[PDB]
Structure formats: C-alpha cells, structure tokens
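Here's the structure we're looking at; comments come further down.
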Amino acid sequence: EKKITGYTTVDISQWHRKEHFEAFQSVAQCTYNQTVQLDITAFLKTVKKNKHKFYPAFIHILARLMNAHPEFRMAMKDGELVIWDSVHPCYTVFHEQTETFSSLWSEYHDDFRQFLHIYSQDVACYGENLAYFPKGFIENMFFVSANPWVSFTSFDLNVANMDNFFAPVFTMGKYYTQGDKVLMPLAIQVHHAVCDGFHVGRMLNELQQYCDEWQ
Amino acid sequence: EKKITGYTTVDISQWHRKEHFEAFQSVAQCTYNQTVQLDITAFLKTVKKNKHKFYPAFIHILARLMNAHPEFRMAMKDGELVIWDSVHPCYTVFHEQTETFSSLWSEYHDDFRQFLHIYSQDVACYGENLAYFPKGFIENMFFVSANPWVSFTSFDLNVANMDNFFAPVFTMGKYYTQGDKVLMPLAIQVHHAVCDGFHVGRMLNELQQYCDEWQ
Amino acid sequence: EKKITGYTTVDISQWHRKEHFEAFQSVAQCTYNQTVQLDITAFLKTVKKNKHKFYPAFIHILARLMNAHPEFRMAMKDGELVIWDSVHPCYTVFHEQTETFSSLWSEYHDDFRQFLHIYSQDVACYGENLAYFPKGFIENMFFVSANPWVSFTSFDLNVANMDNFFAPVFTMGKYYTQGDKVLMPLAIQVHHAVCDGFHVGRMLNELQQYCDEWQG
Ligand SMILES: O=C(N[C@H](CO)[C@H](O)c1ccc([N+](=O)[O-])cc1)C(Cl)Cl
Ligand SMILES: O=C(N[C@H](CO)[C@H](O)c1ccc([N+](=O)[O-])cc1)C(Cl)Cl
Ligand SMILES: O=C(N[C@H](CO)[C@H](O)c1ccc([N+](=O)[O-])cc1)C(Cl)Cl
C-alpha cells in the first residue's frame, strides 16, 4: 500500500565541516572524478566459482559501501541538508537490439542472497523495456554506469549543473589481464560540498578489501 | 566556387533516443571524457616503413571513424538536430618560435593518398600562419588536439558552456615504449545527448582495429 | 606589517596569444585536467637521504616551476590581465582527529632551506588549527592538494564557475612501486585562457628533470 523513506536533518552549526560545506556550495563549488586500477583477481575467482553474475555482485559491494558512510547519502530536501537512512543502486542495462541503455533502481538489502533476488526480479522484469527510467526516480539513490566497452585509464563525468547534486556516480570499465593480476578500471565522482579526498579515499580502500572477502 | 553542406534533419519522434536526448539536453546535461592507452605498435611500424608523417595518417583514421558513425556528426542548426553528410578534421599545428598553436581543418576524403595531398597542401600553405584560425570556422567539423609533450594517463576537456556542443574532441599523447608494445594515450570528450558509452566504445575498438591494419 | 604585492599589467594588443585569450574567455572557455604517472625514484632516495619530509620538498619544486613561467602567475586584478611577480603555494593539511582538512599558505622563496623554514613555521603553528583557512586568503597563490589515499590513474577537477579562475591546481596521489621505478600520480588543472598544451607540457617535462636532480 505505502512506503516511506527515512532521513536525518543535519544542523550545519554542530557539524565539523560547516565552513567547508558553505564554501563548496558557493565560491569553491566543484565536483571531482578519480579513476583507480582496481584489483579484482580474488573477486573474479570467487564470483566465477559460484553461480553468479559479475555485475549485480559488484553493485552490491558498492551499495554496501554507500550504505556504510553518511557522507554519500546526502541530499537537499526542502532547502535543507539531509542524510538518507539508505541509498539504493541505480544501474544501467544495455539493449543490444536497439543499441540504447536504460537505468533501473533495485531496493537495497545488506544480505546478498536477498539483494540478488530483488535484482534478478527487476532485471527479469524491466530488462527488455525500452524506457529510460522503467521504474522512475527515487529521492535516495546513487548511480552505477556500466562501461564494458573500454578498459579506460581515465573517466571524467562533467555535468552542466552541479547544484545540490550530491549523489555519487560510479563508472566501471572493461577488466583485463596484467601479469598474474586481473584489474578493472573504476571511476568515482562526487560533490566536494559533501565529500573530501579522505571520504572517497577510505571507501575506495574498503572497496579493495571487500573485493577480497567473498561476495 | 559555391558549395552547400550535408544536412539531415532528425525527427525526434521516430528516434530510439527520444527521451535520452531530451534529458541530456536539460536535466542531466553533461559531457564526458575518457582516456585510453592505445596500442600503435603495428601502426607505427607501417607508417615508418612508408613515407608518411605520423600526425596526418592518424587524423585520417579518426576521421574515417567520425565519418562512419552518424552520432559523431550531430549538431544543432536552426533550433533542430541535424546530421552532417560528412565531418572534417580540425587539427592543431604548433609554432615553435612564438610558442603558440593554430587550428586549421582539412577536407575529408576516404582515400588516404588524397586526404594527405589535401593535408600537405593545407599545412604547406598555412603552417607558418600565426592566426588562431588561418582557414576560418566551418559548421561540420570535429577536433583533434596534439599533446606530444606528455604521455598522460588522463586528459579532461572541461567546457564552460556545453549547450549544443555536440562536436567531439580528440587529444593524443606522447607515445612511449612498454615491453614490445608501443602505447599512445588518446582521449575523447563527447556530449552525452549525442553519444552514450556504447557509441564511444565501439569507435575506440574500431580505432584499435584500423590501427592494426595499414595506413 | 605592510606589504605590497607585485604585478605586471599585460597589454593584450602586443601579446602573441591575444586571439586565444579572447576566445577562451568567451566562446570556447574551458579548463583541462591531466594526470601523469611521475617517476620519483631518484627524488625519494634523495629526500630520504636527508632529514626532509616529502611534502614540503615537492611543494617547493612545484612553486619553483610556477615562479619560473608567467602563464601560471596570471589573474584578473581590476578587470585587467596581470602577472604576479611571484606566486605562493596553498597546500592542504589533514586533521586526523576530526577527519577534516585545512588549507594554509607559505611565502615562497627560491631557496629551499629558506622556504622549508617558513613552511615548518606555518605548519608547527597552524597544523592543529581546525579553521578552513587558518591563515586566510591571498591574491597571488596556486593550489596543491595531497591525496595520499589513492594511487589514482586519473584525477579530474570540475569547477562550477571557471570565470577568470587562472590559478593552477595540483593534486598529488599515493606513490607506489612499479619494478625498479617508484611512480607517483600527479594532476594539474589550468584555464585554457592562460595555459596552452605547451605550457603545461614543458613544466611537466621540467618537473621530471628537477625531480631527477636534488631537493633544492
Ligand atoms: O545517465 C545515466 N548514466 C550515465 C551513463 O553514461 C552516467 O553515469 C550519468 C549519470 C548521472 C548523470 N547525471 O546525474 O546527470 C549523468 C550521466 C543514468 Cl545512471 Cl541516469
Ligand atoms: O581549442 C582548440 N584546441 C584545444 C587544445 O587543447 C582543445 O582541443 C579544445 C578543443 C575544442 C574546445 N572547444 O570547442 O570548447 C576547447 C578546447 C582548437 Cl582545436 Cl580550436
Ligand atoms: O579546497 C581545497 N582543496 C581541495 C582539496 O580537495 C582542492 O584542491 C580544490 C582546489 C581548488 C578549488 N577551487 O578553488 O575551485 C576547489 C578544490 C583548498 Cl586547497 Cl581551497
């Protein structure tokens, strides 16, 4: 019948980043991309040993991180800075016949068995649907762009209006063999009003960790 | 004396990217850069075996792709989205004495011998002209920027105004040795309204393929 | 006490890039990032031989380069294009206890022993001060950002308002081993009105050379 999404109102005055947030909202406002050559040698072997698809498995890791730190779940409600209780993955699906992509969001759960079941359900449903947003918008989401075409050494998302655009964006490239290691390009872009080099740094470090500890 | 340029009006209704174009024209408007580490080992060996300069031969390969796929030949005319019959390369020539660059375009031809003849004629002519555009602006053109200074793992063009800026931009790096292979960084900035990940993707793949053939 | 900042007003009429500047200020205005996988093998072994920290040593090399070429020392003063006689580094300091970063600046000197003494004086002073700009703003400065958390293959900075923003920005990453070499990710962003490919090009080529020599 109905569902409500939860948030937390943050008073800037009590926040240790009050002066930074005020600056990257006005004078110093900027977004930044960064690309890493992620090692997924262990993440590939374990995914392939199991009856699993790479894409939703990696999605889950990302969402897990995104639901681990409040600096990623920030948005502007009614002119007020808030933190979502949870943030759901918006991922891209490619339609081979028409050469277009579509974006659909799955509901997030910590449990991987549960998340894949919701994912498969959404992809078995809207997977062949030609609409740009088969399910539509949801206030509390982050984005994952699949780029299986290019093993990129760089990726930069360059938006025209970045005002209040706090939702982080992942782009993942074509993985490849290098020595005894299998690496996958990963790009992350964020707003500086909500994310410092440190915030994105520890997440990307934990991103390596999780890709070396099962699904 | 007089010539008229290619013009194909796209009616947005009959297009499979109707709402895609609509979104990236307003709400989600953005450009995106990707750098790749291009293999040119076979390309350099065949260019060096013949009497060709590296620069014009590569320009041709890019323009061969640019004129193979309509998504790269898109532009806004009189408030309408059109596709140019053909698009011509605009390259940068460096003036070492004054430490500045100029931009001049050459007329595209599918025959390489003929295009290099045009290129030779154009560079022999205006190569020492200190005007920013010694030949002027032209509607149907894409960009190539030379950067033999730096072997970059990243390059990002970052336009202040991206309204209707559908013309794609290449930047090529200082090539270098790595084992047996010769890598040259290449980077494309493209408007998202006209190009999706897939579009840039197949062209980079075809860019690789074409480099592994002859000139 | 009192201090007058030196500059030189550039008349555009005589300048060889008058056409480019006018273009990259209106119609084709853009900034551009680029990341280089820097070879610091010789630079590390030299800094580690002495009792110097890596950060100030590198800060100095970048500043020595900005203050070498006028195209990095450009800005809009009172609606006019001026070149500062010198440009100072604004570097970042991370506070671990509160997980926020500050930005201070040290008056640049061509002599490394001198500079470091001022840098030390500033960090020993405001290194534990939790204000965003513990020293404040300065007309003539370039930016250096430490990113020791990620060994990035690409860093890209996208500013909202690039109007007249000619001050160059550096982002330096987590250095790592690659065979015999020790390489370190480095990004620069510049306004195309003040910087062409060649300017960034030679500075990064010189940056490699200055790293293969001594600390200063
Ligand atoms: O447009 C999408 N993805 C593209 C794929 O190239 C890219 O990741 C992107 C994401 C967000 C965006 N935005 O918010 O303006 C623009 C492009 C969907 Cl995820 Cl909405
Ligand atoms: O501006 C030029 N070249 C620069 C050099 O790096 C770059 O390729 C570029 C191309 C197009 C552009 N634009 O139209 O906004 C801006 C920079 C000339 Cl090709 Cl016009
Ligand atoms: O905010 C700062 N640094 C960040 C660190 O992520 C970055 O170097 C940056 C530099 C300049 C800038 N600007 O003025 O637009 C914004 C961010 C200070 Cl150095 Cl001003």
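Chain lettering follows the listing: the opening sequence line is A, and each later line takes the next letter. By the PDB entry numbering, chain A shows 2-216, in order. For chain B, we keep the numbers from the PDB entry: what you see runs 2-216, in order. To match the PDB entry, the residue numbers of chain C are left as they are there, and the shown ones run 2-217. Just so you know, ligand 1 is whichever comes first in the structure, and atom 1 is the first atom listed for that ligand. The analysis underlying the following values was restricted to heavy atoms, covering all of them including side chains, and did not include hydrogens, waters or symmetry mates.
The largest share of close contacts with ligand 3 comes from the chain named in UniProt as Chloramphenicol acetyltransferase. Located at ligand 3, the drug is listed as chloramphenicol. Using a 4.0 Å cut-off on heavy atoms, the other chains next to chloramphenicol (ligand 3) are A, C. Other ligands and ions with an atom less than 4.0 Å from chloramphenicol (ligand 3), by number and name: none. According to the PDB, the organism given as the origin of chain C is Escherichia coli. The residues of other chains having a heavy atom under 4.0 Å from chloramphenicol (ligand 3) are listed as A:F25, A:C31, A:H193, C:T93, C:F102, C:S104, C:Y133, C:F134, C:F144, C:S146, C:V160, C:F166.
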